[PDB]
Amino acid sequence: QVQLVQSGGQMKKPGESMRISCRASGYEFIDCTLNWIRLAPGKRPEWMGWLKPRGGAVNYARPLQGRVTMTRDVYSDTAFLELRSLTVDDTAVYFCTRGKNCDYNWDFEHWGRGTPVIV
Amino acid sequence: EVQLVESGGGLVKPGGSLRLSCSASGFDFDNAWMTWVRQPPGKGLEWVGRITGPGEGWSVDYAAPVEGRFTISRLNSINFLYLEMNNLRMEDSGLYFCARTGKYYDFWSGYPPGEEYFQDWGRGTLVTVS
Amino acid sequence: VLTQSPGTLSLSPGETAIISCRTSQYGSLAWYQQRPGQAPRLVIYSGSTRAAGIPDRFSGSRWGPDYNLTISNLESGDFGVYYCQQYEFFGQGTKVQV
Amino acid sequence: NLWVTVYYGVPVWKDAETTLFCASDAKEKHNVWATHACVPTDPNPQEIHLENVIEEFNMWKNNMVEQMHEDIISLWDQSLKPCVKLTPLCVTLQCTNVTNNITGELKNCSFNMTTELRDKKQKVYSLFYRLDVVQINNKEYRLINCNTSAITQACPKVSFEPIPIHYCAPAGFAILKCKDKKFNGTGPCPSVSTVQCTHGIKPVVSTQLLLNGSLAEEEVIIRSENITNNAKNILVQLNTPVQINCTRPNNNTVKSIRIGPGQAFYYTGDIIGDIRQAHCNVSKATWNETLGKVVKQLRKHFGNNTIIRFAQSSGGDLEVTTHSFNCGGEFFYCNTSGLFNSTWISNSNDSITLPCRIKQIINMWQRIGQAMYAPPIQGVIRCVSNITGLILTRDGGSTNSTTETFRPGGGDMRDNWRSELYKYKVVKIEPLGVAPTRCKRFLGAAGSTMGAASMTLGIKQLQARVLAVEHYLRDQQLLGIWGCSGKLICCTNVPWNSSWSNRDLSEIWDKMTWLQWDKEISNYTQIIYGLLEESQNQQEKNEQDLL
Amino acid sequence: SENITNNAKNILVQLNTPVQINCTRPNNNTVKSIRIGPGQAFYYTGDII
Ligand SMILES: *[C@@H]1O[C@H](CO)[C@@H](O[C@@H]2O[C@H](CO)[C@@H](O[C@@H]3O[C@H](CO)[C@@H](O)[C@H](O[C@H]4O[C@H](CO)[C@@H](O)[C@H](O)[C@@H]4O)[C@@H]3O)[C@H](O)[C@H]2NC(C)=O)[C@H](O)[C@H]1NC(C)=O
Ligand SMILES: *[C@@H]1O[C@H](CO)[C@@H](O[C@@H]2O[C@H](CO)[C@@H](O[C@@H]3O[C@H](CO)[C@@H](O)[C@H](O)[C@@H]3O)[C@H](O)[C@H]2NC(C)=O)[C@H](O)[C@H]1NC(C)=O
Ligand SMILES: *[C@@H]1O[C@H](CO)[C@@H](O)[C@H](O)[C@H]1NC(C)=O
Ligand SMILES: *[C@@H]1O[C@H](CO)[C@@H](O)[C@H](O)[C@H]1NC(C)=O
Ligand SMILES: *[C@@H]1O[C@H](CO)[C@@H](O)[C@H](O)[C@H]1NC(C)=O
Ligand SMILES: *[C@@H]1O[C@H](CO)[C@@H](O)[C@H](O)[C@H]1NC(C)=O
Ligand SMILES: *[C@@H]1O[C@H](CO)[C@@H](O)[C@H](O)[C@H]1NC(C)=O
Ligand SMILES: *[C@@H]1O[C@H](CO)[C@@H](O)[C@H](O)[C@H]1NC(C)=O
Ligand SMILES: *[C@@H]1O[C@H](CO)[C@@H](O)[C@H](O)[C@H]1NC(C)=O
Ligand SMILES: *[C@@H]1O[C@H](CO)[C@@H](O)[C@H](O)[C@H]1NC(C)=O
Ligand SMILES: *[C@@H]1O[C@H](CO)[C@@H](O)[C@H](O)[C@H]1NC(C)=O
Ligand SMILES: *[C@@H]1O[C@H](CO)[C@@H](O)[C@H](O)[C@H]1NC(C)=O
Ligand SMILES: *[C@@H]1O[C@H](CO)[C@@H](O)[C@H](O)[C@H]1NC(C)=O
């Protein structure tokens, strides 16, 4: 049993900032990597970054460096994504994903429900 | 078709040791006894030694320069003629040959131990000391 | 780095759907399906291996850098949007319709 | 024609995971990394260079690193177990800034504390760093790890200095080591040697830069499970050290109070001189040259026209974003934004000063609900150490950028010891073998063909010795049932089936090594073990020896 | 049983046919978590909805 309970759904204006959350369950949150993915209709799915708990190490995608931040609460097992400045191009549904077998991160077997964000 | 694939030996300091093997298949290794000879590169063949027949003593006889230097053994279970060459000098070199010695004798001109002959040899294996 | 076959592919139920994804880089390639209004699923992983719970109809691979996914005998649950991942990348995304 | 012959002592090894015992040198039994139970080491380790043989190593998947990580954590917890608990220290602190007397890292933080008797309390003035102290909601604070976890004091006499620790395999196992100078962690190694114990590995704890350890021999070596993968950390090993001096200027006087029967709480009493700031020095020219070498190596794995950019860490907690290490008993966290600040285009005596903060509340190998209080060390501290490695991470995610950004990253602590155990692979020894032969009743020369080889030839330690004993008897048990009470070689009465991979016996004993032969008949091995069982020896020993 | 006629000795009866038994606690308990000390947390029934 692996379940990523994602939370958000907030309508935002351009120029403002957004934050959404992803609570992990079933698997031990500390020893497995998380990734953040964005899906926009008619556009390429862009991988935004990954977060490793046990140190909270972060790797942000190059197009979004300086605008995206990913942090976490180990005790609530909850990863948090934040975008400092949205635009019209940020209209998309955001997914908190996990590798099928973290040993190899890039097999997104487990996905969240999806968080639409409209700008 | 008695294939005698002998493969072993190589570069080594003036003092040292090494271990040559002489396989054999296609005849009766169990009693026919075998010999080693050395041919230094700027020289002809020179006789080294030969195991004696199993049941014919099973002993070895070294040569005039080689006595006290080499040692010959046979594992007939696996048809392998090993030669340990140790306490090396510089003249020790060449395409060391392993061949299947024979026993030849006849009356009239009889004289112990008679003579032997080297019919089926191997291809060769280069050994050179530095 | 990654390209795909046309994104307006339209087939009725029952036929075989061929989805081609060309990849420039080396790496394990996975295939994802997205249903309308639901999160994507991992359909193929490591190029040729099906995910758990996926029927045998989803299969296909190619030695060279041109992977082909074959979807035989489409049902009503198919006809989503298909993506091809290689590490971070996902490609254009091709829809399958009726 | 050919008969199965049982050879015992064949040089055939198979990979494996087992238990390994520490073996130190001599030992004040006050080292945090000493179990005072590790057998003396070998003054002359029996390192046996092999003949020509290729061995496929994989440093990313061996169990030596996982076992070492588990051992290190267990050892640290064992050291911390008999020390003060500091439960009554989680109190409301009324803190004021440490000022210039005329004009915020340090805080005074007066508070009430328990004493020897439960009916009395004492007022104690201390000094805690801002990192250790978290504000509640009237200038009232607490220690950072109070609302979660529980902070345990390190015993004052315990020293955190790294000590060399050798890891020795039990009897019946060996440790192969790759001596190939350019070996990059994975794949074939033509130059293999065998040992019983690894060299002394200091359990040095560091996050971005690997300190001390062992250096490369020829040039800087880049290692990655997949260099193109954005999630795997890139381990850089330097062929030359870069000296990193570090200091804690503060002339810091420690005072101690009794907080319970047989317990004493150690805390910074005060500072005599100017407060100043902890810092590290790295030689500027040497660091620039080292980065030049690292760029030269990185350009081989990527395109030769790629601009290689070094930047600071992009995020994470204080252990990851800052170079975290131990020095003289204190725990330094240095920014290192001055070391990785550059772009490198594809074609004196100054020192780079890194600010560093000091943290007393420590959580190493980050665990939910555990922490340590590192007591302050009196006086000024200085260290001198060699940076011998780096841990880098690529950003990625863009195709047209043409530039690759390498940021430092702590990642996991295991990545430290992967830089030290990359050479080693543990191998189970399987001395038994079978071969066809015309008779019917050390690990050297592994690279030498058969035939030539024939004539040429605390609690962890207890489980370890016992296993070997069992394994020994197991082999003897087999030799018991095969009618071979002797040793080394025995002929047996089971004929060689032609289906068991037959080369006719001229080649197998001339051209083929023992390992290759074992690979040839591995899948069939249980068949011959079945036929050599006492089914044969019932015909040979029960039917024929009842006179 | 051990000697059967002996009292003070439990008689174990093993059934060939299982008998389904189903239990329930029909109370929609709202559970709260409270911290009693560093790390340690105490779980108690907060309310009944
Ligand atoms: C990488 O290796 C280097 C070189 O070994 C290492 O630096 C060394 O650190 C140790 C530990 O701090 C130093 O030893 C100390 O030196 C002074 C000498 O005056 C003393 O103050 C110390 O003794 C006090 O502390 C002991 C407890 O550790 C007590 O038992 C003792 O009574 C004293 O209170 C202690 O001996 C050593 O001098 C340096 N080496 C050099 C050349 O400066 C470095 O720490 C290693 N890297 C890492 C990250 O640890
Ligand atoms: C990065 O990861 C990849 C995949 O995990 C590592 O292996 C690479 O895998 C591909 C196939 O996916 C290999 O392709 C091979 O290429 C030639 C074409 O002539 C041929 O020998 C094979 O049929 C096969 O198609 C690729 O060679 C292989 N890479 C290597 C270096 O062997 C890859 O090694 C990883 N990258 C590293 C370590 O830098
Ligand atoms: C400590 O310094 C900070 C930063 O200047 C200031 O905001 C704060 O008020 C100071 N605290 C006290 C108690 O003076
Ligand atoms: C902390 O406060 C006490 C109060 O008596 C004072 O004596 C001490 O000097 C203060 N510490 C510093 C560093 O100013
Ligand atoms: C310590 O306890 C006394 C009890 O009278 C109280 O007045 C004082 O404010 C307390 N001090 C702190 C720093 O909490
Ligand atoms: C309380 O602990 C939580 C983790 O359980 C932490 O996120 C939070 O910051 C702590 N509270 C304060 C006031 O710092
Ligand atoms: C380095 O690893 C590669 C595979 O990534 C391997 O082919 C190569 O042999 C390794 N280098 C050495 C010297 O073994
Ligand atoms: C470290 O200090 C020593 C003297 O203790 C000095 O010789 C050396 O240059 C210093 N290292 C650096 C990088 O400045
Ligand atoms: C480092 O060396 C490079 C050439 O290798 C040079 O361009 C660069 O300016 C140097 N950097 C510093 C900080 O001295
Ligand atoms: C290191 O210094 C830079 C200077 O810009 C600063 O932004 C950064 O926050 C510092 N690092 C930490 C961990 O505070
Ligand atoms: C700290 O100051 C005291 C003042 O008495 C002095 O004796 C001591 O030597 C100083 N310590 C150092 C390490 O300079
Ligand atoms: C740094 O490396 C050099 C060269 O191997 C060595 O001599 C020196 O002792 C090392 N420094 C320390 C502090 O261990
Ligand atoms: C069990 O049943 C047998 C008959 O099947 C009977 O003879 C025996 O006494 C019983 N065992 C007891 C009473 O322990």
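Residue numbering restarts at 1 for every chain, and letters A, B, ... go by the order of the sequence lines. Computed from heavy atoms alone, side chains included, the values below leave out hydrogens, waters and symmetry copies. A fraction of the deposited model is presented, and contact counting is confined to that fraction.
- Per PDB records, the drug at chains A and C is named VRC01.
- Most heavy-atom contacts to VRC01 in this structure come from the chain listed in the PDB entry as Envelope glycoprotein gp160.
- Other chains, heavy atom under 4.5 Å from VRC01: D.
- The epitope of VRC01 on chain D, taking heavy atoms under 4.5 Å, comprises D:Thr148, D:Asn226, D:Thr228, D:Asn229, D:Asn230, D:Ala231, D:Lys232, D:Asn233, D:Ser314, D:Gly315, D:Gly316, D:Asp317, D:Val320, D:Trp365, D:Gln366, D:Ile368, D:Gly369, D:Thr393, D:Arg394, D:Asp395, D:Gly396, D:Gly397, D:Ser398, D:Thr399, D:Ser401, D:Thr403, D:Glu404, D:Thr405, D:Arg407, D:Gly411, D:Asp412.
- By chain and number, the residues of VRC01 within 4.5 Å of chain D (heavy atoms only) are A:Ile30, A:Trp47, A:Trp50, A:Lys52, A:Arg54, A:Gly55, A:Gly56, A:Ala57, A:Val58, A:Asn59, A:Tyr60, A:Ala61, A:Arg62, A:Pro63, A:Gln65, A:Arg72, A:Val74, A:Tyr75, A:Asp103, A:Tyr104, A:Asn105, A:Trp106, C:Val1, C:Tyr87, C:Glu88, C:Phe89.
- The entry attributes the source of chain D to Human immunodeficiency virus 1.
- The entry describes chain C with the name VRC01 Fab light chain.
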